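Heading - acarbose complexed with Alpha-1,4 glucan phosphorylase
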2 protein chains.
Amino acid sequence: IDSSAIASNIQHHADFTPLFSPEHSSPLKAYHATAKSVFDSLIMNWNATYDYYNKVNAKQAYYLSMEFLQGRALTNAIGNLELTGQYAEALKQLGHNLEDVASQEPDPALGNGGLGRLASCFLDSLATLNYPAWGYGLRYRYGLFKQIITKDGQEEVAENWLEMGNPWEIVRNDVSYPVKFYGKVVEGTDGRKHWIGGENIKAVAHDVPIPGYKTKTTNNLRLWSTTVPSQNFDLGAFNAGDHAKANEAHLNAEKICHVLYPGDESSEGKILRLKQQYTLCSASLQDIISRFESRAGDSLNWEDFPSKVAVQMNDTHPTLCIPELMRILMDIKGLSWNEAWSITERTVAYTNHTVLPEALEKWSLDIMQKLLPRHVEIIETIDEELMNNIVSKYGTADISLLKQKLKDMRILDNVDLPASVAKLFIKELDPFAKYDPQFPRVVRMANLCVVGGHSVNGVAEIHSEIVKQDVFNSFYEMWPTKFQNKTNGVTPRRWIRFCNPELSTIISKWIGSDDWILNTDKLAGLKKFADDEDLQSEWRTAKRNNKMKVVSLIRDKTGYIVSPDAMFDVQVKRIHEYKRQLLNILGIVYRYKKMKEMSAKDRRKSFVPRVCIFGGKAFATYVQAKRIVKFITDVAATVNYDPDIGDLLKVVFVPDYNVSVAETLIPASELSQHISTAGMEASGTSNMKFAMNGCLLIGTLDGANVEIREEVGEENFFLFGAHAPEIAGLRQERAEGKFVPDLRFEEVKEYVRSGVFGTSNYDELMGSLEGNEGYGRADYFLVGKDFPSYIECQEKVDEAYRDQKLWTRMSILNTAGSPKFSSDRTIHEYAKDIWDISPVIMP
Amino acid sequence: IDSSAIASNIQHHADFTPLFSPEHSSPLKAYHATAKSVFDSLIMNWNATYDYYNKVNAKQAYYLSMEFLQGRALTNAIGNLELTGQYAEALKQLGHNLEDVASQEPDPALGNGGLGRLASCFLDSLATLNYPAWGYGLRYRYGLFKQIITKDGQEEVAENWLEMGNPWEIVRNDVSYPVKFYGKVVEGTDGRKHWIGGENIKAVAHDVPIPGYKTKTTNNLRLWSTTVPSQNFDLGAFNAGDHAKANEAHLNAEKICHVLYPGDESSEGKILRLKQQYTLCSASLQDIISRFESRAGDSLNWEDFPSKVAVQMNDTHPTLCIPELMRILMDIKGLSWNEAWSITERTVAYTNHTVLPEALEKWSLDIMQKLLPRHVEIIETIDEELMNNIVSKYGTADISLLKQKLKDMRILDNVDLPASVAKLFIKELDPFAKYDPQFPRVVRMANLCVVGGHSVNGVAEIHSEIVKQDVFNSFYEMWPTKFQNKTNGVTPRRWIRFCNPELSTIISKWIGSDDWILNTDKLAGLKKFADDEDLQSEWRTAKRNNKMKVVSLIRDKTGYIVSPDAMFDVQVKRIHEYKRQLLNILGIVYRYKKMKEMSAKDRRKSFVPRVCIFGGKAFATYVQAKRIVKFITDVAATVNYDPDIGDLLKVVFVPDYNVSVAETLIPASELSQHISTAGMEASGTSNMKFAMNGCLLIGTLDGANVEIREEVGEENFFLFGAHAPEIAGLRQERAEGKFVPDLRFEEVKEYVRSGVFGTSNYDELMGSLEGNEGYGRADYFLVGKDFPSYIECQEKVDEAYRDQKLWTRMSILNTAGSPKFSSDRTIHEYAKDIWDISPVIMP
Ligand SMILES: C[C@H]1O[C@H](O[C@H]2[C@H](O)[C@@H](O)[C@@H](O[C@H]3[C@H](O)[C@@H](O)[C@@H](O)O[C@@H]3CO)O[C@@H]2CO)[C@H](O)[C@@H](O)[C@@H]1N[C@H]1C=C(CO)[C@@H](O)[C@H](O)[C@H]1O
Ligand SMILES: C[C@H]1O[C@H](O[C@H]2[C@H](O)[C@@H](O)[C@@H](O[C@H]3[C@H](O)[C@@H](O)[C@@H](O)O[C@@H]3CO)O[C@@H]2CO)[C@H](O)[C@@H](O)[C@@H]1N[C@H]1C=C(CO)[C@@H](O)[C@H](O)[C@H]1O
Ligand SMILES: *Cc1c(COP(=O)(O)O)cnc(C)c1O
Ligand SMILES: *Cc1c(COP(=O)(O)O)cnc(C)c1O
Ligand SMILES: OC[C@H]1O[C@H](O)[C@H](O)[C@@H](O)[C@@H]1O
Ligand SMILES: OC[C@H]1O[C@H](O)[C@H](O)[C@@H](O)[C@@H]1O
């Protein structure tokens with residue numbers, strides 16, 4: 001397969017699967033054609049993988065998530081096929097430039113943050129390692145939002161990634177499943193339950209092939225798009241004039257796939273958010289059930305189901321899988337409860353990504369009882385069993401103990417106990433065993449996940465322990481063997497090899513192969529070359545060359561002009577008080593103030609030149625987070641155009657941060673910040689990406705930083721701030737008026753309140769770092785406390801950067817210490833210790 | 001190009017431009033693949049035709065219509081490419097059957113009745129004869145409606161023809177034009193008018209290639225699909241919960257293409273109906289303007305516009321082209337009024353399809369003034385000129401004369417006259433020259449078409465004369481050279497060659513070539529063979545063989561079982577009191593009654609066995625038309641299951657009549673009915689289709705029947721009923737109580753009122769044939785008057801059918817007399833006498 005033939009197939013797709021006029025000439029047009037030419041390879045390989053999986057009928061794993069941050073497919077598809085050189089030349093022939101063409105591809109708006117990017121990285125590694133595994137998701141039209149930066153801060157625009165269609169998917173019109181909303185349950189002649197009536201939609205399959213690296217294995221991401229058949233369009237309504245009414249039925253179905261994480265401060269938003277989940281679970285399980293059946297054929301035994309199927313619920317969003325699977329087995333296939341439940345408990349597993357026990361999904365029983373009444377019946381039964389198992393394992397004898405065990409583990413909170421358990425609380429019945437209308441009737445989804453899965457895991461050593469000790473303690477006591485750890489990882493193909501080709505050449509030279517891309521353990525061979533002068537020279541050149549593409553990005557996106565000969569200091573993550581963008585910007589503001597009260601000779605002596613880059617999206621409704629992006633932009637306007645500063649310091653907020661932005665930013669980064677309040681982050685995947693590219697980390701002892709620090713070495717990581725255990729106490733200390741801040745912290749607050757950063761003044765923002773008690777005040781995320789520790793830790797970063805021998809030594813040790821954080825070994829662990837699947841290699 | 005290669009390309013499209021799972025196996029799946037394989041040929045040819053038209057820059061013709069009844073594309077594409085034999089074999093290889101595959105294609109819901117089917121036939125003939133010509137239309141999603149027959153009569157279901165996408169179109173993403181609604185006009189610095197504000201949508205192009213027969217020429221049907229850019233989606237509205245509000249902007253744009261002829265008894269339906277038209281006109285003219293400019297390049301002279309462009313407004317729906325063209329020339333290109341108007345008058349032309357002067361499109365000025373204010377300004381100016389030209393040509397001297405000329409020709413009725421004309425009516429001003437609020441302010445679109453076009457034509461000799469004498473008399477007096485005739489035609493490739501292959505073989509044998517398909521004049525060589533016994537034998541066999549496919553259709557669609565050894569008597573057209581389905585069914589009911597009051601020996605002696613087939617759609621809101629389909633179905637239920645009748649008589653209502661149904665029905669038809677009240681039909685295209693297939697016509701002296709009768713011979717056409725001139729008098733005779741019906745007509749009415757046809761009784765329906773005066777009563781369409789003439793004319797049809805020598809003799813003379821009714825010569829006439837275009841043959 002040479003470049004001359006690819007050039008023909010690109011031309012062919014431009015003209016014979018066309019989207020534009022023939023005489024029209026666009027980089028974009030070249031993209032859709034090039035996309036389709038690569039896609040031909042994925043189809044061949046996808047069909048081969050599909051067909052051979054059916055033959056072998058091995059256990060298949062299924063990863064359900066509400067997010068898939070897929071990113072641009074072109075550069076990684078071509079890379080994994082190893083046609084990256086020849087496609088480039090094929091495009092020269094046609095008067096195009098691969099890099100330039102690739103940058104016309106829009107980012108699929110199928111995800112948002114870590115949850116989704118993990119999932120996507122997991123799909124790459126599953127394919128690359130020949131594991132039989134699909135992802136199931138939903139096909140979002142507008143996604144979360146396209147972020148634009150005005151002079152008012154952030155604004156939100158709905159995404160346009162499907163406007164011309166997605167070349168990377170295949171519609172499967174034969175694959176349509178019915179999904180039902182509302183309705184009621186009745187008991188038919190045959191003793192069996194039947195869910196009738198309500199509202200009915202159809203989920204249709206849109207497949208996105210996932211090609212593996214140096215393998216024919218091409219796995220799949222099956223994406224549901226909701227609709228209703230044209231016949232549900234009401235002509236009477238339309239011809240009468242009421243055009244919205246005529247379209248109402250279609251809107252109801254279609255809106256399930258409109259927006260990611262739709263705002264739920266309205267009963268109609270909660271119902272939609274809930275329909276999104278049930279749709280994903282139901283459609284996906286119906287499809288999985290169908291595959292099991294067609295493969296098993298005549299010799300069909302449902303006891304084989306969990307040895308042929310593994311479902312993985314990513315976070316609590318897919319919880320409904322549990323009762324839904326029970327629904328189909330009993331109501332549709334005619335299994336008994338115990339036979340169905342045994343299969344369910346062994347099929348399903350749960351991964352938790354939160355460290356806080358009050359960030360776990362809860363739903364009003366009333367809302368759920370209305371929308372999915374059959375599922376509540378089933379949940380009710382599950383909760384009754386759960387409680388009879390707690391009864392067996394503890395009490396009658398000690399009741400107040402039993403009382404505590406039952407609160408912790410119940411799925412339905414503030415509900416009348418079943419007559420069985422209720423007995424044990426008579427005096428008549430204790431207040432505890434009755435519904436109290438003063439509070440809502442709530443369904444706790446995390447608890448239902450733990451009850452329903454055979455395995456529960458966290459995403460970092462520290463976090464998986466918090467999960468056992470704080471979050472699900474009484475459950476761990478009951479079922480200790482459930483609980484596991486699976487530290488996250490990221491694919492080295494997207495996050496080193498293809499986003500950082502310059503570094504990748506350097507790596508393969510000195511290690512003596514490019515095999516590290518696949519077997520990333522062989523990066524450790526770099527430890528010994530850390531001090532070698534020549535390596536250091538190539539390594540600094542590369543970093544510098546990668547920074548020049550960011551100069552183009554900043555120039556292009558913001559308008560600001562920045563020099564690549566500064567430290568590229570990057571904080572890039574969702575805007576939140578707890579992630580503490582505010583801590584970083586206030587630290588920059590401190591250095592700015594010092595520069596201004598210092599002679600132009602001394603400014604150079606005291607501070608290394610920096611380009612401090614922020615990025616990320618603020619939840620639209622989050623007032624304070626949006627004020628924070630506003631504030632940062634204002635600092636940039638003031639700092640960047642100040643004659644006294646020049647190129648000594650620039651502050652930039654890159655808009656619309658996404659996979660494509662990260663791909664340019666990350667390889668160019670020298671310092672990255674991961675400074676969340678200690679014990680608030682569960683893992684963090686960007687941490688791992690940065691280190692792989694030789695970027696140094698400044699951060700707290702929190703999440704993935706803790707293990708990253710172990711692997712790369714404590715000497716090569718800038719640590720600061722309060723540790724997780726110290727936190728609760730520092731806050732209680734604050735509440736009783738005992739916290740007195742550093743004078744330098746009050747200095748900055750007053751210097752911000754001075755009005756130096758525009759007409760905004762921000763007395764309100766600084767007000768969130770003051771007082772001793774109250775929502776949104778009282779410095780809950782310890783910005784003032786960690787401040788002195790932090791700015792002093794930044795002085796150590798300056799002083800290390802002064803010795804580019806030391807800096808680059810540490811840079812190389814970070815790449816050399818990254819092997820542990822490859823999603824490849826994360827997948828192995830999942831495959832071996834949870835799903836119990838094996839790889840399937842086609843001959 | 002042999003069948004072995006086509007079989008590969010079909011397989012290729014199934015697997016490499018897929019719509020289904022790979023293991024899935026469907027006739028439907030085979031269709032989408034086969035469609036795409038043929039399409040490869042159309043693309044090649046379309047691009048060649050497109051490119052060569054640009055080189056030659058000849059005058060191009062443009063046919064605007066709100067309807068295109070395209071029909072299934074597969075059988076006609078393959079036919080026109082002459083790959084019809086090899087595609088059939090290519091499909092045998094893959095385990096499929098072309099006929100069976102073809103029948104999986106859905107009918108595009110892009111039209112409805114004659115207006116649209118004419119347009120489509122016109123596009124075939126334009127391509128076949130190498131004329132440079134496009135069609136411009138709109139891309140309807142749900143169309144008019146899918147008709148289903150229940151036991152309640154007709155019901156309407158929205159169509160599903162786009163549910164899996166149209167394989168026969170190409171989206172042209174670079175071709176998008178902005179269209180504006182509401183807004184206001186202001187005069188900018190540069191003396192020029194500027195239309196600002198309002199609502200803005202975009203029309204995107206979806207091209208449908210039109211391949212010609214035995215030519216590479218592939219012309220185009222450009223179809224506009226309305227939308228707005230994703231950014232107009234309101235996330236704030238969506239996240240707040242108001243999901244319809246968030247989607248409102250998209251609904252407004254998208255609904256313009258939802259339904260054909262949306263119900264307009266509501267101000268919101270009228271506004272939509274009006275937006276549909278403006279969108280079609282604006283988008284299309286902007287595109288035409290763009291093509292003229294790019295071709296002309298540097299040497300650009302707008303005086304050349306009408307020698308390089310011809311627009312044809314089909315009916316009054318595209319009238320807005322006139323002021324829209326004026327808008328762009330003056331406001332956008334900077335032409336003066338006279339320079340713009342001269343170009344407009346010579347570019348545009350109008351075809352009229354109505355015989356009634358009160359069936360001509362009128363719009364409220366207020367509604368138009370709100371939606372398109374700039375166009376009303378322009379119309380106002382046009383009407384003022386028009387009136388100053390009437391002033392020149394008539395009056396001041398005779399004023400009451402002038403008064404009459406001004407009523408007849410005004411575009412804006414019930415509006416204050418311009419100060420110029422108003423002068424002439426002082427006493428102060430005459431009531432006539434003032435707005436009278438007692439009546440609406442109306443814009444008469446037909447008059448604006450006549451003022452704005454260089455040519456005005458009817459669609460039949462008789463009708464084109466009515467147009468000159470009754471409808472536009474004062475205009476004919478003023479501009480006699482405007483007025484023309486262009487008798488309709490239908491393509492012989494779709495309506496003989498491809499729908500009736502059995503007859504087509506017979507034709508080519510005896511004429512000694514298949515060249516008649518193209519040069520249809522050579523059907524006249526059949527006159528001499530009309531009596532030859534052998535021809536007659538093959539000819540009757542064919543007709544009989546074609547009737548057996550209708551037996552399958554009836555069995556399949558209705559459930560009824562019918563014998564092909566009866567007379568296939570077909571009335572197939574839109575359900576309307578004026579088309580008089582009621583006259584036909586009451587005539588059948590008369591024969592049924594006679595059969596029942598007659599011995600089983602005599603039933604055979606008196607009547608020939610028949611299968612009487614009805615078809616067509618009733619306007620949903622038309623109460624009486626819907627009662628008529630109901631009544632017919634009830635007669636069928638009673639007649640078809642009556643032991644006394646057996647196979648002597650069957651009545652069938654075939655549901656969902658469309659192009660595909662006509663293609664099976666027409667070639668099987670022996671008698672077809674065209675019995676509209678005399679002088680109510682302008683032409684009729686199905687008339688011409690039937691005769692071409694050797695079907696005999698029973699009809700009134702009305703529309704296309706008059707010329708069909710001339711061509712095939714009066715001896716070979718069953719004529720009955722009152723002539724057009726007699727009508728007005730018969731109605732006035734009715735109003736003054738002088739009409740006394742035939743006793744046999746009162747007999748049937750009472751026999752229907754008897755309750756013999758179910759629990760419905762229909763006293764209401766028969767009530768519409770009674771009284772002397774009043775809306776919906778008084779037998780306005782002369783059913784009772786023409787009845788005796790009609791049933792006696794059916795006795796003559798029976799007696800002719802008895803002698804199958806005579807019947808088949810006349811059948812052959814009908815085919816032999818059809819040459820005049822080929823759309824080919826219709827097109828030549830349009831090309832030569834109106835558009836002034838020439839054919840363009842690529843070397
Ligand atoms: C989810 C939420 O977490 C954080 O909220 C915490 C408050 O900051 C604390 O003050 C504390 O609340 C305590 C009361 O102040 C105290 O008087 C007593 O009644 O106990 C309360 C215990 O809750 O604890 C809160 C939660 O643990 C954080 O401040 C806040 O930003 C977080 N919510 C944001 C997230 C979203 C969604 O992305 C937005 O919708 C919210 O508006 C944001 O505020
Ligand atoms: C368009 C309409 O045409 C026909 O209507 C005619 C009436 O049948 C006549 O009675 C006559 O109306 C006259 C009054 O009865 C008389 O008292 C005097 O005031 O003069 C009147 C003059 O109009 O003339 C009418 C029009 O020339 C026909 O009966 C009717 O079916 C036709 N409309 C149908 C079409 C559609 C759209 O497809 C439906 O919306 C209507 O409901 C149908 O009725
Ligand atoms: C990797 C990645 C993230 C996750 O970063 P965290 O440190 O987990 O916040 C978010 N967004 C994008 C675009 C990414 O590539
Ligand atoms: C030709 C045709 C018509 C037009 O028939 P009229 O005699 O003009 O009513 C209507 N519908 C279909 C499907 C046709 O093919
Ligand atoms: O922000 C911390 C992130 O850590 C990891 O990426 C988790 O997988 C994700 O759920 C979480 O959001
Ligand atoms: O029904 C009579 C028909 O005659 C012809 O087909 C005309 O083109 C069409 O406008 C009209 O509807």
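So you know, we letter chains A, B, ... as the sequences are listed, proteins then strands, and number each from 1. Recorded method for this deposit: X-ray crystallography, 2.9 Å. We use all heavy atoms of the structure for the numbers below, so side chains are in, but hydrogens, waters and symmetry mates are not. Counting starts at 1 for both ligands and their atoms, in listed order.
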So, acarbose - where exactly in the structure, counting duplicates? ligands 1 and 2
Can you tell me which other chains reach within 4.0 Å of acarbose (ligand 1)? Heavy atoms only, strictly under. A
Which residues count as the binding site of acarbose (ligand 1) under a heavy-atom cut-off of 4.0 Å? A:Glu577, A:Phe619, A:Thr621, A:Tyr622, A:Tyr775, A:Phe781
